[PDB]
**Q** 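This is the structure I want to talk about, given as structure tokens.
Every chain is numbered from 1 and lettered A, B, ... according to where its sequence line falls, protein lines coming before strand lines. When the header is checked for method, it gives X-ray crystallography, 1.8 Å. Below, each value reflects all heavy atoms present in this structure, side chains not excepted, and no hydrogens, waters or symmetry copies. Whatever order the structure lists them in is the order used to number ligands and atoms, beginning at 1.
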Amino acid sequence: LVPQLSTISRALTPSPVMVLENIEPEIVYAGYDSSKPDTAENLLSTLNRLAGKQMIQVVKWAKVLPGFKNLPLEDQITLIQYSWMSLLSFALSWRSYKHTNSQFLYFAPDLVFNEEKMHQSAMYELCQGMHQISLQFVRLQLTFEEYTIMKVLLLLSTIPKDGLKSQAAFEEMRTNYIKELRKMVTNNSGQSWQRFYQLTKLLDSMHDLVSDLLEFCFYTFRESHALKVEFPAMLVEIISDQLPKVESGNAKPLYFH
Amino acid sequence: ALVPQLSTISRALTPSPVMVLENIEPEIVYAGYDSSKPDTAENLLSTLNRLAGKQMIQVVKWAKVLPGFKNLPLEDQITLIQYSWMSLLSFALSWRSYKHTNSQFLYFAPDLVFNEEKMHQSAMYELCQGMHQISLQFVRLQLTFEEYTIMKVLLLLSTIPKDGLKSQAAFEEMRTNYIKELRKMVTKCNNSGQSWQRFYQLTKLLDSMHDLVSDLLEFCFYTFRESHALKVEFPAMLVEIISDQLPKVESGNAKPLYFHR
Ligand SMILES: C[C@]12C=CC(=O)C=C1CC[C@@H]1[C@@H]2C(=O)C[C@@]2(C)[C@H]1CC[C@]2(O)/C(O)=C/O
Ligand SMILES: C[C@]12C=CC(=O)C=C1CC[C@@H]1[C@@H]2C(=O)C[C@@]2(C)[C@H]1CC[C@]2(O)/C(O)=C/O
């Protein structure tokens with residue numbers, strides 16, 4: 001009989017962390033035009049357009065994300081829709097850390113926010129909250145490997161209150177990625193667990209931040225006409241789905257602590 | 001033919017570490033409390049110290065048969081028992097209090113249960129309240145016996161010399177193995193969120209024993225130093241342990257291990 005196990009294949013297959021490096025999207029440009037006045041209506045509309053371009057890259061990433069194809073298609077779609085703001089805000093803090101040593105908010109290479117832009121955006125305190133995560137990355141000296149695993153954990157951090165089509169398949173993927181993070185921080189058990197706790201505390205802290213970001217997002221979406229804030233098709237699709245679900249209490253956050 | 005050296009039957013019948021922890025748990029020890037004598041601090045503290053000595057005899061017997069502990073150098077076995085004794089005895093007190101009184105009292109022994117009045121009379125009221133707070137956490141968390149027995153071993157492995165043990169690697173192997181036992185123990189039939197939340201609560205509880213035990217040891221070293229003025233008596237077993245530990249702890253040689261920063 002032909003062995004159906006392949007030692008060679010299992011040995012040669014890149015680790016999940018190596019695959020995450022391989023599939024990480026290239027940096028996206030905002031197409032920022034310096035000729036427009038730096039008023040909230042213009043800055044926020046630019047950010048929303050940048051978000052639409054980023055989400056095109058998130059979907060491409062999710063398609064090749066190990067384990068994600070094992071979930072029901074409806075669940076894959078659901079998880080992308082519930083986690084979008086967590087994914088994009090965490091990646092903003094990563095780019096800010098890597099490209100500016102967390103001195104600025106690096107939304108795109110052509111759109112870097114200093115304090116002045118943060119004021120002009122009319123969401124200063126929200127920018128401060130995102131900046132505080134970037135500052136935590138410096139304090140923790142977060143690694144790229146840790147960051148990529150934590151991004152997947154954020155994709156798996158909010159589920160519908162009723163539940164997914166396959167709760168079991170979801171739990172299996174979530175447990176597998178938590179295991180990957182636990183391996184990354186490993187001998188000194190004391191030090192490994194202390195770091196693991198710092199990373200899961202940070203993950204949990206994204207829920208309160210994202211809640212505040214979505215509150216402002218839904219507000220500007222509802223008042224888009226009055227406020228002259230534009231949204232691209234991709235965000236209209238996502239927010240039209242999410243706004244009623246989140247505001248009705250259907251979004252259940254998953255915490256480590 | 002040749003006699004196979006491995007025993008399939010032995011391997012199958014060998015109990016899990018958790019089952020062994022149940023089998024080796026010490027029997028409850030009596031204090032020999034004498035209600036005919038006044039409940040003065042001298043009498044109550046001297047009774048508790050005598051109780052502690054009897055309890056430590058059981059602890060040593062338990063440590064001899066604790067899975068994995070034999071793999072550590074003898075020097076390290078003795079060191080860990082000496083560094084952790086107050087953690088072990090105080091955690092077990094909270095367990096007895098939880099199991100026998102629903103955490104209403106401090107169940108030092110079947111013949112010595114402290115209510116608030118004895119807590120005041122002992123001249124360590126605040127310390128008694130601190131141990132009682134751990135008992136109350138057991139109720140809030142609905143701690144199980146299995147979780148308790150694994151946590152007690154982690155306390156035995158929670159304080160090490162600043163300079164390190166003879167074999168840090170053998171120590172780390174045993175500590176990791178028992179942390180894995182606790183992790184499996186809190187794994188539900190699966191909900192990762194619930195499992196991690198409980199693991200967090202249990203490790204926060206473990207860590208909280210350090211500040212409590214530091215305060216307990218401060219009082220202990222104080223009454224030991226002033227034993228004659230205070231008329232507090234210590235049995236030979238505690239004189240041995242405290243004489244070793246007092247200079248080591250006060251000189252800053254005891255390194256507590258934490259799960260959380
Ligand atoms: C996704 C985004 C754009 C790209 C990025 O790297 C990080 C973020 C996170 C913060 C988002 C932002 C937006 O695009 C516009 C937002 C969504 C904002 C929070 C409030 C907001 O300013 C809003 O709702 C304007 O209408
Ligand atoms: C070990 C012990 C005795 C048996 C027990 O179930 C739990 C404890 C924990 C608290 C201990 C105690 C003692 O025996 C006496 C102590 C050690 C006390 C804390 C201060 C103390 O009261 C003291 O130093 C008197 O001299």
**Q** What would the PDB label the drug at ligand 1?
**A** prednisone
**Q** Which macromolecule here is the main partner of prednisone (ligand 1) by heavy-atom contacts, as listed in the PDB entry?
**A** Mineralocorticoid receptor
**Q** Which other chains does a heavy-atom search at under 4.0 Å around prednisone (ligand 1) pick up?
**A** A
**Q** Near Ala51(A), which atoms of prednisone (ligand 1) are under 4.0 Å from a heavy atom of that residue?
**A** 1 (C), 3 (C), 14 (O)
**Q** Report, in ascending order of atom number, the atoms of prednisone (ligand 1) lying under 4.0 Å from any heavy atom of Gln54(A).
**A** 4 (C), 5 (C), 6 (O)
**Q** What do you reckon, does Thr220(A) have a nitrogen or oxygen under 3.5 Å from a nitrogen or oxygen of prednisone (ligand 1)?
**A** yes
**Q** Which UniProt progesterone-binding residues in chain A pass a heavy-atom distance cut-off of 4.0 Å to prednisone (ligand 1)?
**A** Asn48(A), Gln54(A), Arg95(A), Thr220(A)
**Q** Can you list the atoms of prednisone (ligand 1) that are under 4.0 Å from a heavy atom of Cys217(A)?
**A** 24 (O)
**Q** Does even one non-hydrogen atom of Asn48(A) get within less than 4.0 Å of prednisone (ligand 1)?
**A** yes
**Q** What aldosterone-binding residues, per UniProt, in chain A have a non-hydrogen atom within 4.0 Å of prednisone (ligand 1)?
**A** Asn48(A), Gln54(A), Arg95(A), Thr220(A)
**Q** Would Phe231(A) count as a contact of prednisone (ligand 1) if the rule is a heavy atom under 4.0 Å away?
**A** yes
**Q** Identify, by atom number and element, the atoms of prednisone (ligand 1) in contact range of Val229(A), meaning under 4.0 Å from any of its heavy atoms.
**A** 26 (O)
**Q** What UniProt domain of chain A accounts for most of the contacts with prednisone (ligand 1)?
**A** NR LBD
**Q** Taking only heavy atoms of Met123(A), which atoms of prednisone (ligand 1) are found under 4.0 Å from at least one of them?
**A** 19 (C), 20 (C), 22 (O)
**Q** Quick one: which of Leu227(A), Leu88(A), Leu111(A) has a heavy atom closest to atom 7 (C) of prednisone (ligand 1)?
**A** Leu88(A)
**Q** Under a 4.0 angstrom heavy-atom cut-off, which atoms of prednisone (ligand 1) come close to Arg95(A)?
**A** 5 (C), 6 (O)
**Q** Okay, next thing: residues with a heavy atom within 4.0 Å of prednisone (ligand 1) - which are they?
**A** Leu44(A), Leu47(A), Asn48(A), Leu50(A), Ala51(A), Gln54(A), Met85(A), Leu88(A), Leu92(A), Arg95(A), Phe107(A), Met123(A), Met130(A), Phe216(A), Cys217(A), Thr220(A), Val229(A), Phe231(A)
